[PDB]
Protein chains: 2
Amino acid sequence: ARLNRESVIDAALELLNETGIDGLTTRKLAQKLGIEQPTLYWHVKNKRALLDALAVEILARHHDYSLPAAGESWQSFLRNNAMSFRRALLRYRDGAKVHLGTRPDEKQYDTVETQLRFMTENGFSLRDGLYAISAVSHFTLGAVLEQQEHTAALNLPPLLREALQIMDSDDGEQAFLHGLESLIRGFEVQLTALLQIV
Amino acid sequence: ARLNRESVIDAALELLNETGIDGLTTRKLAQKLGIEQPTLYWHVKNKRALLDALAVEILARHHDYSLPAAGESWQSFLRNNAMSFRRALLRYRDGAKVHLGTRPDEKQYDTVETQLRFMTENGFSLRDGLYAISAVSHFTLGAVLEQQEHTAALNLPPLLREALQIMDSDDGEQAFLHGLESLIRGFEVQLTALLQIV
Ligand SMILES: CN(C)[C@@H]1C(O)=C(C(N)=O)C(=O)[C@@]2(O)C(O)=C3C(=O)c4c(O)cccc4[C@@](C)(O)[C@H]3C[C@@H]12
Ligand SMILES: CN(C)[C@@H]1C(O)=C(C(N)=O)C(=O)[C@@]2(O)C(O)=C3C(=O)c4c(O)cccc4[C@@](C)(O)[C@H]3C[C@@H]12
Ligand SMILES: [Mg+2]
Ligand SMILES: [Mg+2]
């Protein structure tokens, strides 16, 4: 196998799709590349080093709306960005468990700094723009995770019966797209009121 | 050790606190109870059977505001309920990874049916009350998970520096409590407008 960073991430996403994250061992990655474990360890010191790099890499390969277009509102950027993120995260089995607990990589600094400067520049203070970006990030994570884990880890009172039917009727994209509009409108109400009691 | 359902869940939460979920093996549970694996298997057929039961059990032991008080608004019930849920989930290491992908247990049917009937009874249709309850559930899950995984998996442009400082300054309860008010206000705006374009 060729063994630079790029060929290791590829084999490691490929493997994450067959085994998920808890089956993603440096031993199955060595066996997948057809090499021996001291070879692998020359390159990949460990699983955290690896999970972190994969976190960076799924976004960089599949998360396109990371930057606001010229003339775009903060509400359209937060919508277009969340959807794009939900979808980078669903491209790979356990894509959202991989992201959990990370923090921006140095390779992403210019992108996420632009994002926080665009919010201040639209009237958010740093703390509130930060909180808006986090609630969007945390709601897309918990939504994709409840979807990915339910698919995989496979007498009703009348309403629960009907709700389960609705829940299951699609991938959870409708429930997501609708909670995203409520999140975005609640932030508008906050932004606009500020010192007026609301 | 005594080996009924109740003593198994106890030993299994105890063990989840030392090892987390990926260290929660039926072998370390057998060793923790001081018994042999065929003994254990008479009781606990497997890890899913076990994770599912723990999911039920943390809520039943630590999630108190599962039911609306008499005369409470749907906005105060959604607030009081989300906070209570965030906290059942944080009581145990990897408490929120345990919950992921589950669905209500038969032992919870009366509680979650009441919850969906209270929303319809406050003007939500079943589909929208469902979506409101889910967005609250998915935002508390992704928030607790990003917190629990970051604590555990342990050149800045100016704004990111300051945001990281803010992010870390508390457990993430302030960011959570604030995204929860934006979620709840966006649903009010939806509820009230209905057929009026909004
Ligand atoms: C909201 N949207 C999905 C985000 C985004 O699209 C990012 C991106 N690279 O495109 C993030 O990395 C993004 O997805 C993301 O994960 C972000 C973060 O994790 C954090 C953390 O943990 C702490 C401080 C600041 C941030 C952040 C502002 O960079 C976050 C931006 C998140
Ligand atoms: C929003 N609040 C945190 C909830 C709640 O407090 C529950 C509870 N037992 O107290 C749930 O089980 C609750 O936490 C929860 O997990 C619920 C569900 O998972 C679902 C699922 O997956 C599908 C259909 C219906 C539901 C639900 C209506 O029962 C959910 C209610 C969630
Ligand atoms: Mg992140
Ligand atoms: Mg649930």
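A, B, ... follow the sequence lines: proteins, then strands. Residue 1 opens every chain. Start at 1 and go down the list; that is how both ligands and their atoms are numbered.
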Note to self: Hey, which drug is sitting at ligand 2?
What the structure shows: tetracycline
Note to self: So I'm looking at this entry - what's holding onto tetracycline (ligand 2) the most? Name it the way it appears in the PDB entry, please.
What the structure shows: tetracycline repressor class D
Check: Which other chains have a heavy atom within 4.0 Å (strictly less) of tetracycline (ligand 2)?
Finding: A, B
Notebook entry, point to check: In this structure, which residues build the binding site of tetracycline (ligand 2) when a heavy-atom cut-off of 4.0 Å is applied?
Noted result: A:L164, B:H63, B:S66, B:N81, B:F85, B:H99, B:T102, B:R103, B:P104, B:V112, B:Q115, B:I133, B:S137
Check: Which organism does the PDB annotate as the origin of chain B?
Finding: Escherichia coli
Note to self: Below 3.5 Å, N or O to N or O, backbone or side chain included: is there any such pair between B:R103 and tetracycline (ligand 2)?
What the structure shows: yes
Item checked: Protein heavy-atom partner closest to atom 17 (C) of tetracycline (ligand 2) - residue, atom, separation in Å -> B:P104 CG, 4.5 Å
Next item on the list: Under 4.0 Å from a heavy atom of B:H63: give me the atoms of tetracycline (ligand 2) that qualify, with their elements.
Entry: 5 (C), 6 (O), 8 (C), 10 (O)
Notebook entry, point to check: With a cut-off of 4.0 Å, which atoms of tetracycline (ligand 2) are near a heavy atom of A:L164?
Noted result: 23 (C), 24 (C)
Margin query: List tetracycline (ligand 2) atoms under 4.0 Å from B:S66, heavy atoms only on the residue side.
Written below: 10 (O)
Checklist line | tetracycline (ligand 2): other ligands or ions under 4.0 Å | finding: ligand 4 (magnesium ion)
Item checked: UniProt-listed tetracycline-binding residues in chain B closer than 4.0 Å to tetracycline (ligand 2) (heavy atoms) -> B:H63, B:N81
Next item on the list: Could you list which atoms of tetracycline (ligand 2) come closer than 4.0 Å to a heavy atom of B:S137?
Entry: 1 (C), 2 (N), 3 (C), 32 (C)
Margin query: At less than 4.0 angstrom from any non-hydrogen atom of B:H99, what atoms of tetracycline (ligand 2) do you find?
Written below: 16 (O)
Notebook entry, point to check: Do any UniProt Mg(2+)-binding residues in chain B have a heavy atom less than 4.0 Å from tetracycline (ligand 2), and if so, which?
Noted result: B:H99
Checklist line | Which residue and heavy atom of the protein sit nearest atom 31 (C) of tetracycline (ligand 2), plus the separation | finding: B:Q115 OE1, 3.5 Å
Item checked: Heavy atom of the protein closest to atom 30 (C) of tetracycline (ligand 2) (residue, atom name, distance) -> B:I133 CG2, 4.0 Å
Note to self: Taking 4.0 angstrom as the limit and counting only heavy atoms of B:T102, give me the atoms of tetracycline (ligand 2) inside it, by number and element.
What the structure shows: 22 (O)
Check: To the nearest 0.1 Å, how far is atom 25 (C) of tetracycline (ligand 2) from its closest protein heavy atom, and which atom is that?
Finding: A:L160 CD1, 4.1 Å
Next item on the list: Around atom 14 (O) of tetracycline (ligand 2), find the nearest protein heavy atom and jot down its residue, atom name and distance.
Entry: B:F85 CE1, 3.2 Å
Note to self: Starting from atom 3 (C) of tetracycline (ligand 2), what is the nearest protein heavy atom, named by residue and atom, and what distance separates them?
What the structure shows: B:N81 OD1, 3.2 Å
Next item on the list: Just jot down the tetracycline (ligand 2) atoms closer than 4.0 angstrom to any heavy atom of B:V112, in number order.
Entry: 9 (N), 11 (C), 12 (O), 29 (O)
